[PDB]
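Chain lettering follows the listing: the opening sequence line is A, and each later line takes the next letter. Chain A is numbered as in the PDB entry; the shown residues are, in order, 19-355. Using the numbering of the PDB entry, the residues shown for chain B are 362-394, in order. Numbering of ligands and ligand atoms starts at 1, following listing order.
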Amino acid sequence: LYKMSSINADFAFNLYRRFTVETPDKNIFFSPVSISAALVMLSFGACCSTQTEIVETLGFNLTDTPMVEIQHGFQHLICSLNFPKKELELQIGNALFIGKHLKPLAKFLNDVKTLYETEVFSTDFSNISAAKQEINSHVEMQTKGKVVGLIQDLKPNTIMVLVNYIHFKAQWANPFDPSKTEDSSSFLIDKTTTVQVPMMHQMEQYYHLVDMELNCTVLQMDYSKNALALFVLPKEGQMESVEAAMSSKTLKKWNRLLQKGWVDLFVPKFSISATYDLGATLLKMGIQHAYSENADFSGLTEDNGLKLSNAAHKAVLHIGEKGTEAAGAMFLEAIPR
Amino acid sequence: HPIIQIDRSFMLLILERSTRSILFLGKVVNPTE
Ligand SMILES: COc1ccc2c(c1)c(CC(=O)O)c(C)n2C(=O)c1ccc(Cl)cc1
Ligand SMILES: [Ca+2]
Ligand SMILES: [Ca+2]
Ligand SMILES: [Cl-]
Ligand SMILES: [Cl-]
Ligand code: NA
Ligand code: NA
């Protein structure tokens, strides 16, 4: 799990940096665990270079962490994340919508159900519009209402859909007093423009740092159990330089350096959402055979008759005085090979 | 005491302790988009 931490964090930051190129100077919000977990699920049914491409794209080196250890590690991750903890709502799981005529391997279905928190639904993709609605409503349910309309379009020849969802709701260890929230305060969106946002205010002891190298302020706010938020505030004009630096290395440096002390803290109350069409991005990052006429998903179905066609993610965030609610879902679509 | 005013673009990470996992990652440019 520790090795998986650094690798999964560095995937997160490499994907982040892809998004800063695709949607420059725009809000970014995603669950890297949801994307990583979906793709590792898909890789359980893959063989040879189709399988190795997926895990190498996720940042693993198969000499250091063999394929079966990757598999084991992600199964342990999903279990741990879902283990109940008082005062934290955290669910992460998967659903496999499989065409009524496909011939899935007992092994794959037993793997995903027993070891990867997967529900399996035989789906009639001859009714594509009904299947899209069914899948979206399932994800909406599993996210406590928060991820609506995950799938905007499904290809008419779809024969399998894999979804991962994540939902998180936690209270701050030190909640804000709403009587100190300023109804309308300025937030700078670009050099000459502000928007109005409710600004929460608390003077409290927080772990915090000024990174003297990266020219940014880092502020840690704990949730009441098993979770924390990090807020990274670059100096004026320094966001791109901070974005280029972010890595597992940086996180380990901050983990050592942050010190708890009094801070007069102002934080916005706000909600945002974001959507990503990930098909081409994942191809660029190295997942190639999965999309090809020669995809090897021999571990998934008897006839190996499917290939990946599309991939998308949606994630939502709310921060207010009591805490944070966030959710995400990832969709992978497959068609006949 | 030092002031920290989160009143311009910032990055956000939500982390889980038991696995040392990034649950969510983002950047807020415009909180009212
Ligand atoms: C103050 O800066 C950090 C940075 C990362 C941290 C933490 C604190 C804490 C809280 C703590 O350790 O006190 C956890 C649980 N973090 C991680 O999840 C994490 C994830 C990936 C990597 Cl590569 C390294 C650490
Ligand atoms: Ca307090
Ligand atoms: Ca992670
Ligand atoms: Cl992660
Ligand atoms: Cl991580
Ligand atoms: Na088949
Ligand atoms: Na069904």
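For ligand 1, the correct pick from tetrabenazine, praziquantel, indisulam, indometacin is indometacin. Most heavy-atom contacts to indometacin (ligand 1): the chain UniProt names Thyroxine-binding globulin. Contact chains for indometacin (ligand 1) (heavy atom under 4.0 Å, other chains only): A, B. Heavy atoms under 4.0 Å from indometacin (ligand 1) belong to A:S23, A:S24, A:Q238, A:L246, A:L248, A:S266, A:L269, A:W272, A:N273, A:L276, B:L376, B:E377, B:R378, B:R381, B:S382.
The PDB entry gives chain B the name Thyroxine-binding globulin. Looking at A:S24 next to indometacin (ligand 1), no N or O pair under 3.5 Å apart turns up. When only non-hydrogen protein atoms are considered, atom 21 (C) of indometacin (ligand 1) lies nearest to A:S23 OG, 3.3 Å. Atom 23 (Cl) of indometacin (ligand 1) has A:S266 CB, 3.6 Å as its closest protein atom, hydrogens excluded (heavy atom only). The nearest protein atom to atom 5 (C) of indometacin (ligand 1), hydrogens excluded, is given as B:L376 CD1, 3.7 Å; this is a heavy-atom distance. The deposit credits the origin of chain A to Homo sapiens. By the 3.5 Å distance cut-off applied to N or O atoms, B:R381 is counted among the residues near indometacin (ligand 1). Ranking the protein heavy atoms by distance from atom 1 (C) of indometacin (ligand 1) puts A:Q238 OE1, 3.4 Å first. At the top of the distance list for atom 11 (C) of indometacin (ligand 1), counting protein heavy atoms only, stands A:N273 OD1, 3.4 Å. At the shortest separation from atom 24 (C) of indometacin (ligand 1) among protein heavy atoms lies A:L269 CB, 4.0 Å.
Applying the 4.0 Å criterion to heavy atoms of A:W272 picks out, from indometacin (ligand 1), the atoms 1 (C), 2 (O).
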I'd like a table of the close N/O pairs between indometacin (ligand 1) and the protein (anything under 3.5 Å), one pair per line with both atom names and the distance.
{"from": "indometacin (ligand 1)", "atom 1": "2 (O)", "to": "A:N273", "atom 2": "N", "distance (Å)": "3.3"}
{"from": "indometacin (ligand 1)", "atom 1": "12 (O)", "to": "A:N273", "atom 2": "OD1", "distance (Å)": "2.8"}
{"from": "indometacin (ligand 1)", "atom 1": "12 (O)", "to": "B:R381", "atom 2": "NH1", "distance (Å)": "3.0"}
{"from": "indometacin (ligand 1)", "atom 1": "12 (O)", "to": "B:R381", "atom 2": "NH2", "distance (Å)": "3.1"}

